A.B. asks: 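I'd like to talk through a structure of nikkomycin Z bound to Chitin synthase 1.
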Number of protein chains: 2
Amino acid sequence: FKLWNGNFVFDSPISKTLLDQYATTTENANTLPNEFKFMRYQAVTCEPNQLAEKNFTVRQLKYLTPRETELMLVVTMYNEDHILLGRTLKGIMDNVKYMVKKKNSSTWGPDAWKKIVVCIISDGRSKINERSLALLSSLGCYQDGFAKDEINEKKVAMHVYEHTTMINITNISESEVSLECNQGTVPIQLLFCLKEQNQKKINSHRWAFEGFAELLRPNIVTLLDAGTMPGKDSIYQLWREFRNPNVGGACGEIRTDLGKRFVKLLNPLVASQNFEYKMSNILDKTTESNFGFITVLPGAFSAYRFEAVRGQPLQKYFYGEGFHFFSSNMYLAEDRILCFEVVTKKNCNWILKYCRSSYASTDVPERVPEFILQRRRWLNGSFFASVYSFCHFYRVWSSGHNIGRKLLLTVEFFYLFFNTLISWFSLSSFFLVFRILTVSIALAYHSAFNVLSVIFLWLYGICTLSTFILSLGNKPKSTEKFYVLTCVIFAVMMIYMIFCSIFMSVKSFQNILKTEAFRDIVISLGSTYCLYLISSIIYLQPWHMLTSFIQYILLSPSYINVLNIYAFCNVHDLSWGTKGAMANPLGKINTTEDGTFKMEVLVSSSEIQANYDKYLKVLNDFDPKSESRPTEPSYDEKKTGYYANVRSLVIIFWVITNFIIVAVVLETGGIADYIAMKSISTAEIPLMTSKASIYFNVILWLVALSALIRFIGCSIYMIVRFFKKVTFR
Amino acid sequence: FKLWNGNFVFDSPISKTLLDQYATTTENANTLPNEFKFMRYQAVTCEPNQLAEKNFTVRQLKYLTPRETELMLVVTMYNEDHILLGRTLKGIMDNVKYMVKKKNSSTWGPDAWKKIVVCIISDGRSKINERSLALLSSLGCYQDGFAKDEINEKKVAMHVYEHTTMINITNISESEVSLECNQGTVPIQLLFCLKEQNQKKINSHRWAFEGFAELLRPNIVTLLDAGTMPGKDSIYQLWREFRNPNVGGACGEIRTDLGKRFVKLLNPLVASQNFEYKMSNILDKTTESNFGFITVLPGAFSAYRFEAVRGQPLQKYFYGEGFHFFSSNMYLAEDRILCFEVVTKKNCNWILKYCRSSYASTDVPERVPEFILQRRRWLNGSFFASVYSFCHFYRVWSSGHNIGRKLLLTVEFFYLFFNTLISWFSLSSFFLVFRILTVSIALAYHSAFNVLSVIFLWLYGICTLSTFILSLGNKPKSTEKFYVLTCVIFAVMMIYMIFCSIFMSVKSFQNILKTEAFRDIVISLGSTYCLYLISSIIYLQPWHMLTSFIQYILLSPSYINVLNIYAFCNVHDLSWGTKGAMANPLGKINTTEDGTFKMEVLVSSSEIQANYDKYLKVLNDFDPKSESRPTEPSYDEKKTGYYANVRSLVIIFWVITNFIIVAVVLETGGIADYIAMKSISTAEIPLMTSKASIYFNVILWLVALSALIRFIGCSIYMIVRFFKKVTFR
Ligand SMILES: CCCCCC/C=C\CCCCCCCC(=O)O[C@H](COC(=O)CCCCCCCCCCCCCCC)COP(=O)(O)OCCN
Ligand SMILES: CCCCCC/C=C\CCCCCCCC(=O)O[C@H](COC(=O)CCCCCCCCCCCCCCC)COP(=O)(O)OCCN
Ligand SMILES: C[C@@H]([C@H](N)C(=O)N[C@H](C(=O)O)[C@H]1O[C@@H](n2ccc(=O)[nH]c2=O)[C@H](O)[C@@H]1O)[C@H](O)c1ccc(O)cn1
Ligand SMILES: C[C@@H]([C@H](N)C(=O)N[C@H](C(=O)O)[C@H]1O[C@@H](n2ccc(=O)[nH]c2=O)[C@H](O)[C@@H]1O)[C@H](O)c1ccc(O)cn1
Ligand SMILES: CCCCCCCCCCCCCC
Ligand SMILES: CCCCCCCCCCCCCC
Ligand SMILES: CCCCCCCCCCCCCC
Ligand SMILES: CCCCCCCCCCCCCC
Ligand SMILES: CCCCCCCCCCCCCC
Ligand SMILES: CCCCCCCCCCCCCC
Ligand SMILES: CCCCCCCCCCCCCC
Ligand SMILES: CCCCCCCCCCCCCC
Ligand SMILES: CCCCCCCCCCCCCC
Ligand SMILES: CCCCCCCCCCCCCC
Ligand SMILES: CCCCCCCCCCCCCC
Ligand SMILES: CCCCCCCCCCCCCC
Ligand SMILES: CCCCCCCCCCCCCC
Ligand SMILES: CCCCCCCCCCCCCC
Ligand SMILES: CCCCCCCCCCCCCC
Ligand SMILES: CCCCCCCCCCCCCC
Ligand SMILES: CCCCCCCCCCCC
Ligand SMILES: CCCCCCCCCCCC
Ligand SMILES: CCCCCCCCCCCC
Ligand SMILES: CCCCCCCCCCCC
Ligand SMILES: CCCCCCCCCCCC
Ligand SMILES: CCCCCCCCCCCC
Ligand SMILES: CCCCCCCCCCCC
Ligand SMILES: CCCCCCCCCCCC
Ligand SMILES: CCCCCCC
Ligand SMILES: CCCCCCC
Ligand SMILES: CCCCCCC
Ligand SMILES: CCCCCCC
Ligand SMILES: CCCCCCC
Ligand SMILES: CCCCCCC
Ligand SMILES: CCCCCCC
Ligand SMILES: CCCCCCC
Ligand SMILES: CCCCCCC
Ligand SMILES: CCCCCCC
Ligand SMILES: CCCCCCC
Ligand SMILES: CCCCCCC
Ligand SMILES: CCCCCCC
Ligand SMILES: CCCCCCC
């Protein structure tokens, strides 16, 4: 044929079956648009930022009247099953169908499907699941055969398939994705585009933001994820938060998919994540949404105003600039740098909201090795984005916000830093609460609490040493049975700690009715748990405070110890130099039956003598003093050596600063020996001092203060939403 | 031309200059043998064990009367300078020249050079230093041009050059290797053979033992390293130990090359290694030689009787057999498995001798990162060979030794295991000696020794934590300035420890003349240092007890802590799975000026419909219950996961067992708290207990007992040698 100005663009038909199905939808089979009968394949052979320059287009811009996209739903996928992708697509099509049935809308209506463009971006053709390709092909958005690797000695970077389908998923069973095309389906503009090389997930967003977003010029860019099924109208509810111009990015609630009839609650790891997510979306997102800066907008379900992110925010997201600390480690916070650069944008008053009435059930890990590896990225990004946000807090005052909002933002950044400092010292805080609570009960009532205080300290020491060693030089999949054992041991430690607290609390009552432990029950059961329960109730979602709350408590020591140790030990995912330099090729010999071969060799006396003199002048012009500089590292081998140095100086600084607090409260590290020796000069060490009780009270009142601030934030969020509801009635 | 039975063999001439030089040597230029005028190049394209089978030969077997090789000197080299190789070659040619001038010999004489075959084996052609190639080419054993990469679609495994040279090195300056050919030179049968691929060092010995040793059938095989210059007659003295049939392997003294006028003694790291080597060859080699089993025969200078190692010992050395502990990890002890399998050989009474009068100065690391990486292999091999030797000690009694020697060997194995147990607990032993000595001086005399006991404990804790973290997840070359700082800090700790010992020793004397510390001076200065001095003196080599003995003491804490921590943290040199699976190739498009290209595409309704149904039956026959088993690891990624599990279970077991002793002597780990709490039940902790003094005395009397056993062994060795000297007068 002929290509489209240096671009391979083939406009092929779909199939007889799909055409018949689509024709059943319309009242007249003759009047079927030109978008449902074809599937335009393009071979993009350039960078995403050069898409418009290299004359690559999409089908939305080639209509007689160009379509103005209002939502660009972006579904990043990689090796996900057809059930995970089908679950995400069913939510999108339910949202589009809901957004078409609306009547009292100035944006949505009978022709609302032309404003949404669904853009599935798979990460590598070699890694995509064949069942996912089968599902996309059954939707009319993928045909086998047109996947050319190279176009005019230019490698193809992406294969872009686009087809406005009429097929909608209507049911996702455990093994079946039901695809009906009746009179009650809506068209979906599919733009499934899969890469050739697996260039991670940030590059998928680079393709969706610097690439197709530039051509589409959408208003909002909702970033879904493969496996994350939004609600019946959650994307529409998330889009409703952009009615006021100030919002330049919003996020919804992400729930946990508990399976058929809540079957996954039996898994203690899934139930713990359920409660953690519910608390994150009741106390963290609601509190941060009041100030106007949400720490992370989840990549699984979030929406950005395109105008808000275009420019400096996306510039630091993708490139972000030597080996400097804030420029070489900025990639740890993948999409958390996109939230800080939008709120703190020069001459722009952007804020981030959290939509309570827009949910999206996701798929969470069910196994410890898969759960630990996920939270390493989460913890590393959250730590590196909090350090970046606090250090660059002066950029709030260089933005276009008013003074009233700037003050709230700088108050929130201090609170976020205080939370970061609490989470940094959690390794020492848990050990000190455990060690003070199990020693102060062995002094008060002795009996078997004596040897139990030594058994559980040694068990802690062994489980923490082994976690440090298995995290620095071993993989979680290598040792799955030990990480589960460590989680079980820390759960036993938490059970013992709770028992000790209840015992010393009931004994204090029976001593008064017939102190550090007297106010220990109005600090962690009445001021902390009751506030969580009330916050969950006022959120109108209290059913997780009993279904999945014990598994969270029993697994919290694993969150503090196993999870943070592994996150801090694998900061940078090192690989070390692996090049394998190759020598210059030499000649070839291919003998015959008798073995005679060509003669092109050197036998001449002069020719041999010249080589001998060449090897004789090398020995004669060595010149040791002017020794050539030893070959210095490359960049990938020099850059790994810096990531290793940053990684190790973080573990050392995090272990030493946590131990300094343990060395001050419990007087370990020779501190007690030194104090006793001074008294000798002017010979015994006390077991428990007065610093231990003061620290215990302080570290359990900080937990109550954080819960109280989070409760106040949640209440303010709910009250403001209720007032915006009573005024829009 | 024509090849030699499927083998590329070219018999080229050398050069006009070399022929003239050789002709100057002979009285008549016409009567020059055929071996000095040619250089037979061969292209070996097979495994070393198939060398004879695939009709590959050497020049000694093609004479009219085949030459019987008596010594096969094997010089393994890899990327070494031309000075390092020239230094090794000068010693070999001095030895050959010494072995020709002998007259009262039934093996050596005017034609003794026909029995020695020097076999240089370089490890990779891409890595060999071009100046080393220049030096070999100037010796007439390498010509550029004949290095074919493949012979009849069969990759060339080695390029074998062989030429009996007449050129001898007579002086090695800092940058010049003097090559004269006068009337006082001896021929050297060179067999320089370099590989194509860098297959490590064990494969070089596989080529030298299963390969050219099979063809040559030598009596002795001396293993040198490029850079190790033997003495004027050290190889002859080493060969002289094989006169008695019992010896099936011998080794000489390895010294340190201190440079021109002992310039390298300024380096404290070189001076420390000097003393360590001196003591190793005065107290370890001499003591072990009496029993008849030397723990390691150094790869830099050792000799094996060919018939002694030929068979089961070499089979274990090279292949040595699942993931079993003694079969998967036995490669850690590279050549230490060759020593144990020779002494404990079925129906063979082989013993290993140590030759005092055969030395070889070597090149030692001058920088901390290079010194740490070398000693990792040494420590790991010595630990894995001691565990193997002790566990398989029953194989001594299944060998052909007599009962008297079997009893001596089983007595030696228990002593070697006791030394291994001491070196395993050195991490705790040093800390306990340091902590007991700096606390017991702060109680006795207070003053500034109080805060110094806490500063130095915290300094130790920081330097040990940082060494553990920098060893598990960082490379020594990445952090060179920190390892030097850690060595300096441990040297300061040793200076303080020595000061504390001297202080408390002089105070005890001034208290008695006007106890754990009273006998502290007759345990570590009179029973340990005096025995070292006397052993060095009776060895007739005492000059290192003063030149390089302070730098050894100041660097011993680094040997105990930095060196062992790094060795135990990097047991297996992991790399983790790095494969990068590739997808199937797709089509190609090459457009023309107008962009028209060939049409071989699918447009047919049936052909598209068949693909659509193919992607519709994949979505229809998912069958989740009969789910395909998840793709299990390969072998290189499954074998790394086992080396990681063995590596981590060694660090955990080595840290926990060392801390148990610290938890028993100092009562840390809640032991003191638990002891005080029992007294509460029937409230203060003592600073120093009576267990600390008992352990201090025990751990400093074990040091004296080991030194006494080593002194007795050295004295017996010297006395036996003196009696063998007075009888052979
Ligand atoms: C020999 C075994 C080696 C094991 C190595 C494990 C891996 C990494 C490095 C660990 C560094 C500490 C090594 C062991 C030191 C030790 O067992 O020493 C003890 C405990 O001392 C304490 O407090 C210990 C407190 C816990 C330390 C946590 C890890 C290190 C964090 C940073 C360290 C900073 C400096 C710490 C200095 C101690 C001194 O007990 P004592 O004689 O005072 O008891 C008097 C009772 N009446
Ligand atoms: C919060 C900081 C975490 C740092 C993590 C560093 C890396 C690896 C794991 C280390 C495990 C130990 C964590 C810290 C425990 C600790 O600081 O706890 C202290 C010291 O306790 C002791 O003895 C400590 C002795 C030294 C421990 C050596 C390393 C571990 C060896 C293997 C484990 C063996 C069992 C260890 C049990 C502790 C309890 O002091 P105390 O309240 O009794 O002092 C009463 C004074 N009147
Ligand atoms: C964890 C997340 C979801 N379960 C998930 O796993 N998301 C992946 C990710 O974000 O890493 C997705 O990234 C894409 N991906 C991955 C690898 C690659 O190499 N290339 C590539 O494109 C895939 O779509 C892949 O599913 C969950 O919803 C969630 C819950 C709470 C929260 O606060 C934030 N998120
Ligand atoms: C350390 C040793 C010597 N300084 C040395 O470094 N020997 C290397 C080694 O044994 O590893 C040699 O091995 C060869 N090699 C190396 C890498 C490779 O990839 N391929 C390859 O062939 C090279 O000849 C290389 O010099 C010293 O003499 C000594 C002192 C005391 C003792 O008890 C034992 N040994
Ligand atoms: C979570 C952040 C903790 C920061 C340190 C808190 C404790 C400070 C010492 C308290 C006891 C002081 C006794 C004199
Ligand atoms: C005086 C009574 C002592 C009773 C000791 C009981 C010990 C029980 C075994 C250890 C249990 C450890 C649970 C983690
Ligand atoms: C005199 C009685 C002393 C008892 C000491 C008990 C020490 C127990 C240490 C912790 C062992 C933990 C095993 C997991
Ligand atoms: C006293 C010994 C304690 C051992 C603790 C567990 C160590 C586990 C290390 C990894 C082994 C392989 C697990 C799959
Ligand atoms: C299929 C793997 C399931 C793993 C579930 C979580 C294991 C750890 C449980 C920790 C709590 C134990 C309480 C007794
Ligand atoms: C003062 C009366 C004490 C009676 C004995 C209490 C023993 C408690 C043991 C708890 C074991 C389970 C811990 C998780
Ligand atoms: C909050 C903790 C920060 C820890 C890292 C600080 C910066 C480290 C930079 C290391 C550079 C090493 C260059 C060789
Ligand atoms: C960063 C280097 C180590 C710093 C250690 C600081 C210890 C401070 C102890 C203060 C006294 C605590 C008991 C009153
Ligand atoms: C180097 C090997 C050491 C093995 C342990 C030695 C010490 C044993 C305890 C000594 C003190 C006992 C006090 C009751
Ligand atoms: C009562 C007198 C106290 C003197 C203290 C001296 C401290 C000197 C600084 C720390 C030196 C550390 C050397 C490693
Ligand atoms: C009452 C005075 C207390 C002094 C405490 C000093 C603690 C020192 C800890 C060690 C610091 C080491 C720095 C390298
Ligand atoms: C080249 C070295 C880079 C940094 C590696 C980590 C060294 C950490 C040493 C201790 C720092 C101070 C802790 C208080
Ligand atoms: C070129 C590098 C030389 C390194 C020499 C050794 C450094 C460590 C010395 C330890 C002893 C210091 C005594 C004060
Ligand atoms: C009993 C008199 C004591 C006088 C003060 C002694 C101080 C010693 C300090 C040593 C510093 C250097 C250690 C390496
Ligand atoms: C002397 C110390 C020996 C430590 C290692 C013991 C054997 C460990 C085997 C681990 C196998 C793990 C299989 C998953
Ligand atoms: C391997 C698991 C831990 C074992 C700890 C053993 C501790 C034994 C202590 C014995 C009492 C010491 C003071 C008298
Ligand atoms: C020289 C390159 C920038 C270095 C910035 C260091 C920031 C350290 C922050 C520490 C926070 C506790
Ligand atoms: C951020 C939380 C750090 C750890 C606080 C203590 C956790 C355990 C509390 C147990 C109370 C009985
Ligand atoms: C005086 C009797 C006190 C009994 C306390 C029982 C505490 C049980 C805690 C269970 C936590 C899961
Ligand atoms: C990052 C610093 C952590 C330690 C802070 C100081 C702890 C000691 C305070 C002593 C007060 C008497
Ligand atoms: C099952 C394969 C062989 C396992 C041999 C284990 C030997 C352990 C030795 C431990 C010495 C302390
Ligand atoms: C094998 C040696 C282990 C450590 C023994 C103690 C070393 C320091 C001795 C200091 C004496 C003053
Ligand atoms: C009473 C005075 C004692 C002085 C002790 C000095 C010890 C110096 C040791 C130096 C070791 C390198
Ligand atoms: C490998 C085992 C190391 C510890 C040996 C026992 C230590 C405690 C002995 C207690 C005697 C009272
Ligand atoms: C469904 C998996 C249940 C695991 C329970 C572990 C305690
Ligand atoms: C309207 C903004 C309210 C902020 C409340 C912060 C607690
Ligand atoms: C930019 C690095 C320093 C930040 C200081 C913030 C107060
Ligand atoms: C212009 C920067 C003002 C910072 C105020 C911090 C409270
Ligand atoms: C623009 C919103 C202002 C909120 C109140 C600030 C004090
Ligand atoms: C009273 C001592 C009991 C020891 C129990 C060890 C598990
Ligand atoms: C999934 C691995 C289970 C191990 C259980 C250890 C208690
Ligand atoms: C020749 C190198 C001397 C280094 C001295 C370091 C203390
Ligand atoms: C003749 C064998 C002597 C052995 C002595 C061992 C100490
Ligand atoms: C072969 C593994 C066990 C050895 C026991 C030696 C006593
Ligand atoms: C046949 C094995 C005998 C062992 C004796 C050990 C002393
Ligand atoms: C064969 C040498 C024997 C030495 C004496 C053994 C007791
Ligand atoms: C008397 C306290 C001195 C502290 C010195 C810290 C280095
Ligand atoms: C070779 C690096 C020297 C660092 C010195 C630190 C004291």
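Chain identifiers are assigned alphabetically (A, B, ...) following the order of the sequence lines, protein sequences preceding nucleic acid strands; residue numbering begins at 1 within each chain. Order of appearance sets the numbers: ligands from 1, and atoms from 1 within every ligand. No hydrogens, no waters, no symmetry mates; every other heavy atom, side chains included, goes into these values.
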A.B. asks: Which components of the model belong to nikkomycin Z?
C.D. replies: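 Every copy of it sits at ligands 3 and 4.
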A.B. asks: I'm curious which other chains are hanging around nikkomycin Z (ligand 4) with a heavy atom under 4.0 Å away - can you tell me?
C.D. replies: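 Chains with a heavy atom that near nikkomycin Z (ligand 4): B.
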A.B. asks: By UniProt's transmembrane numbering for chain B, counted from the N terminus, which segments hold a heavy atom under 4.0 Å from nikkomycin Z (ligand 4)?
C.D. replies: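 Using UniProt order and a non-hydrogen cut-off, you get none.
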A.B. asks: Just wondering, which residues come within 4.0 Å of nikkomycin Z (ligand 4) on a heavy-atom basis?
C.D. replies: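 Counting heavy atoms, it is made of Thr76(B), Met77(B), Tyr78(B), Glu80(B), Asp123(B), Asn198(B), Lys200(B), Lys201(B), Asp225(B), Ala226(B), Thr228(B), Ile254(B), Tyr277(B), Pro298(B), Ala300(B), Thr362(B), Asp363(B), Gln374(B), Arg377(B), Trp378(B).
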